[PDB]
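The following structure holds tamoxifen.
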4 protein chains.
Amino acid sequence: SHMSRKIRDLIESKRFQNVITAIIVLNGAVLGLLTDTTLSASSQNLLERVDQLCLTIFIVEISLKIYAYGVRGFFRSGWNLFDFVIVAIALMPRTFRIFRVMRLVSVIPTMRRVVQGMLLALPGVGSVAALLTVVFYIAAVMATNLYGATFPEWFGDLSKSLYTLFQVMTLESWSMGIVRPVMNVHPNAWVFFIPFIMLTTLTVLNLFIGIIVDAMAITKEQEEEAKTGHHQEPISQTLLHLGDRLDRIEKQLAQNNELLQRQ
Amino acid sequence: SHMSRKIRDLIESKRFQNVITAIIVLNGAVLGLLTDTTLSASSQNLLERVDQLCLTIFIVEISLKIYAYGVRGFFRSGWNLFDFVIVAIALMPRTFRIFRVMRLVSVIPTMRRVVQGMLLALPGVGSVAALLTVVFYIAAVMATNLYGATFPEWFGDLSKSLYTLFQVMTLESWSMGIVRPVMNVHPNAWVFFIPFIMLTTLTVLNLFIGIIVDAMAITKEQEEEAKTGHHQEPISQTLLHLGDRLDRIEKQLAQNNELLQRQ
Amino acid sequence: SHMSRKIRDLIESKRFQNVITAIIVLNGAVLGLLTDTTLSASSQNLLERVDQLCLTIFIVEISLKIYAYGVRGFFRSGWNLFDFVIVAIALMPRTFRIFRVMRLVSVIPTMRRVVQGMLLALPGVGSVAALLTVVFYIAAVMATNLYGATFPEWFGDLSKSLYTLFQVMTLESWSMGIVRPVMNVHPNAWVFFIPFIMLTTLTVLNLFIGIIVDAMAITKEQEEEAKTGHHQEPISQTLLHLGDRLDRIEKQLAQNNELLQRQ
Amino acid sequence: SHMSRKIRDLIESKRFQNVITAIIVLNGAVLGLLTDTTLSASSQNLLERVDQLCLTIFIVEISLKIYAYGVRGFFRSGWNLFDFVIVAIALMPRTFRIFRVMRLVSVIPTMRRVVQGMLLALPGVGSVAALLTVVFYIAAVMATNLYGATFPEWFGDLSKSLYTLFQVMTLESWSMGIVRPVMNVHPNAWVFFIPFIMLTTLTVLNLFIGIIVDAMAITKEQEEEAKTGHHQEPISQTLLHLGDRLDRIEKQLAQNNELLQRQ
Ligand SMILES: CC/C(=C(\c1ccccc1)c1ccc(OCCN(C)C)cc1)c1ccccc1
Ligand SMILES: CC/C(=C(\c1ccccc1)c1ccc(OCCN(C)C)cc1)c1ccccc1
Ligand SMILES: CC/C(=C(\c1ccccc1)c1ccc(OCCN(C)C)cc1)c1ccccc1
Ligand SMILES: CC/C(=C(\c1ccccc1)c1ccc(OCCN(C)C)cc1)c1ccccc1
Ligand SMILES: CCCCCCCCCC(=O)N(CCO)C[C@@H](O)[C@@H](O)[C@@H](O)[C@@H](O)CO
Ligand SMILES: CCCCCCCCCC(=O)N(CCO)C[C@@H](O)[C@@H](O)[C@@H](O)[C@@H](O)CO
Ligand SMILES: CCCCCCCCCC(=O)N(CCO)C[C@@H](O)[C@@H](O)[C@@H](O)[C@@H](O)CO
Ligand SMILES: CCCCCCCCCC(=O)N(CCO)C[C@@H](O)[C@@H](O)[C@@H](O)[C@@H](O)CO
Ligand code: NA
Ligand code: NA
Ligand code: NA
């Protein structure tokens, strides 16, 4: 309709996106000031008043979108479902008001395309995250049984062991703080710890390198799908078939010159 | 035979794989609860009873596979030999029961293909792991001779030195904890330590980047060999010959247009 | 003109570049000696005299360039504008004299091309640096509200929280030094900290891997643009179109052999 | 000659390489045992006797090579010049006997090809290592002037500052150990330190990623030059010209079909 077109063309404009962006920055700025313990009683009501003013602008913005696109059209996008929940949770009877700043990711398209590539990369590294989980669990059980009676603060139970093993994987005070003290009581503790470090830092790097490389390609390819309007063959698919394609055109040229030979 | 076909088609099904998967998760879960020092005497017999129930299911599962595939056919796979040893060791007269959870890697195909790529990548980095070993040995000998008489807790013998040099390579308390104390007695100790850190962190990164990049390619190529049923030319082989192949087709086209020129 | 050509051909020579290079190294060397608190009163006047001698050589060098290239021609380059400001600030009525050594980057072409590639790579990672900023701000606000009353030295205000969260992201004493003490008072603090570490170290790596890979390509391509004198298609553009280009030449060859078929 | 051919064909054999390899491992093993402070007086003469036995085998091995290849032919290789110096220094009137184990790199071909790729990669990263040097020098001068009077143990002079800044770059105790203490006296010290960390860890990663990627390609290409007997076009050269080459063959095919069109 006419009204469901003037409103939709306003929502898609960069001026509307900029206004909503400024309101999200204002909301985070006042929630930042609200961390000041030394504030006046009047300053707090004034800042929380600006928080309500921000939140009610988002309600008008979400309603504008639901009217302009429809219920099926608006809730079709996952980013719009996220936007809705962020705003709708503020009306549900909470130190997590600052999570409202996460809307900067969904409202700024370049930021939305960066996080999107990372989210789409996650399924690809599912097996590596599972492999790291298995290694942490087997290690936490072993550490609890081996060192829990002598080192209860660190390996007292499975939870204590999982936390310590995470600390050890991040290399934080692993030797001076954990393994050298454990070694005064258990001299061969390095046989557990050193291989654990080698195996976990390798797997974490594989997990991070994987997400980074896949998010880089997924983003680049979605950028090209947006530009050409058609499906982009993943770079690995092109790379796997590069040889196959190259030697097919060589055979076509040898057969091509065989026909020219008889002339 | 008929019976050696109904059984083999059950073993290959996703329902059988899921049941075995759930039994491996149950086994790890009860071994996890068995780390509770405050458990009842009855709770322990009950949990260890569930451990026997899990292990006897694996015995029936392994026997099903040896009947369905044969001794040569079953022990042909390296993953099946691993599965066998994990179960067979439990009957050999041991805090390493939790290692039974490693079966999640061999039973879940995606996980099996992740670890497989890493294992196949290891020979390629053999020279770098040897280079890092040589650097650690030469360094441990030097550190023992230089600092062992004044710093016996850290460089007292070769074993103490290897452990400290590993701690130093992981950058854990290397300066405040080891090198600043060593420097009060030996002012030029940084001439040993700083180059050691530079050389070892570079080589470890090379070792890890190597395993990660090769495991990524080996996996991608095995996935394509499974899909096409034929050998996949490694990406580096395609990359090395890309120029050679491209200019061969240029020469073929120049010769092709020379034949067309006379027409 | 004649004089505006003998001077410009001297400025572009490698002997002039080497002389200016040696004067920049001399300037840094005397500013290095000037950090000696135990120096003589005469040694300081002697060293600062060498500093004036260095700076006045740069004034003659900049003036030579402004005469040889013109005001529009000299200030057209961004590296020349930088050179000018470094020298002109020394005449403006300052422990930042050592920043004069940054001129080694602008005067040595290989160094200038390394920093240039990094600067040109920065816009590409703008969204990731913004994403890391958003995560740090949301986290600093949450940390101030959660732990500021019980841990005022570390999370007392937003500034204290931002600094501690940066320390935690660099993994420096994050557990033994910050999170284990916070956990005696707040047992579930690891629910905030562990996900914060996972999310920030991933994003920082993405930011650094991005700058490094883009600077590597931008440099390689600018080197080729200098060699060929024409625009170089970015590697990603070539990679995205590799499939498209390869199958277009296959169709051209199938159509080519269809014409030869009728002969 | 006949004798200068039986000897050269022995030197190139894998049995001779294996024997020399075992003697290098024996030499390192006895130098390792010689770090035992609790040894007998007789054990030391016995071990040092094995050291002379090892070293005299290397003298016969080097002489065999100089006779078989000639002075110009033997000293033509850089690896042979290294081998010579390692052995010849042992006869020059020294805790650096363990450096004799470095011969394992030059005698084992796969190890020799790994280190060679790294050495050939170093010139390519010369500008980045210079950039990191400039950043460390400018930073050391600033730190000495800013914090040397209040923190003399860490920033007392330029040498103390360079060591502390290296510790800070490796993130070792940078905050709890150095910057939080510096901040009690100088509240804005984080303005120096935090940007220094960001800039140096980025540049070190660039330096290491560069050496690793170039050593990986240089090795792969030298392996292919050994296999084909001809110069291998660097992968980046192939990548830069991939577009140029692909569209040249498209134009050749359009011109090719124009000739077929008139038939
Ligand atoms: C170009 C996008 C992509 C993808 C992808 C394709 C479709 C949907 C989502 C992601 C990808 C990710 C993982 C994967 O395999 C996991 C095991 N591997 C270790 C083999 C195979 C392909 C990818 C990214 C970078 C390089 C190569 C592929
Ligand atoms: C595609 C798989 C592969 C392999 C590979 C081939 C057959 C069996 C197993 C592994 C590889 C690994 C190492 C190698 O050379 C070691 C020295 N180099 C430093 C040259 C050469 C090739 C490889 C993986 C990623 C990139 C390039 C090659
Ligand atoms: C070859 C130079 C280049 C560039 C570049 C092009 C023009 C000017 C400046 C930089 C680049 C950088 C970022 C970018 O997209 C950001 C999101 N991405 C995650 C998709 C797309 C292209 C680039 C560098 C390395 C690999 C790929 C591209
Ligand atoms: C394939 C070997 C090679 C080389 C190389 C060529 C000849 C002799 C020695 C090394 C290389 C190294 C550095 C370089 O440029 C430095 C600036 N760059 C940032 C542009 C350009 C080429 C190289 C290695 C990996 C990828 C690309 C090139
Ligand atoms: C992928 C890695 C996943 C790591 C998971 C960590 C779980 C941590 C649970 C836990 O330990 N606690 C929360 C339950 O209350 C108790 C803590 O308060 C704390 O006291 C202990 O963690 C320390 O004493 C152990 O060294
Ligand atoms: C690739 C890296 C390989 C590192 C290999 C480490 C070997 C460690 C052997 C060892 O040191 N001990 C086990 C033998 O009993 C003794 C320990 O119990 C402990 O006391 C000492 O390690 C410390 O005192 C040294 O700072
Ligand atoms: C991208 C990351 C950006 C991090 C930004 C850090 C801002 C730090 C500002 C600040 O904290 N101070 C400067 C203002 O004077 C005060 C300091 O002097 C110091 O005392 C405190 O930082 C500590 O007490 C906190 O643990
Ligand atoms: C690329 C990075 C290059 C770093 C270069 C480090 C030079 C270190 C020289 C030096 O400091 N000393 C050797 C000269 O004798 C003195 C030491 O013995 C020691 O006491 C001091 O380093 C500490 O007090 C400083 O915190
Ligand atoms: Na660290
Ligand atoms: Na520490
Ligand atoms: Na650390």
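Order of the sequence lines fixes the chain letters, A, B, ..., with proteins taken first and strands second; residue numbering starts at 1 for each chain. Basis for what follows: all heavy atoms, side chains included, without hydrogens, waters or symmetry-related copies. When a ligand or atom number is given, it counts from 1 through the structure's own listing order.
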Enumerate the ligands or chains belonging to tamoxifen, duplicates included. ligands 1, 2, 3 and 4
In this entry, what is the main binding partner of tamoxifen (ligand 2), named as in the PDB entry? Ion transport protein
Which other chains lie near tamoxifen (ligand 2), in the sense of having some heavy atom under 4.0 Å away? B, D
Binding-site residues: tamoxifen (ligand 2), 4.0 Å heavy-atom cut-off: B:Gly124, B:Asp214, B:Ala217, B:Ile218, B:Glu221, B:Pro234, B:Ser236, D:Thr219, D:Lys220, D:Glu223
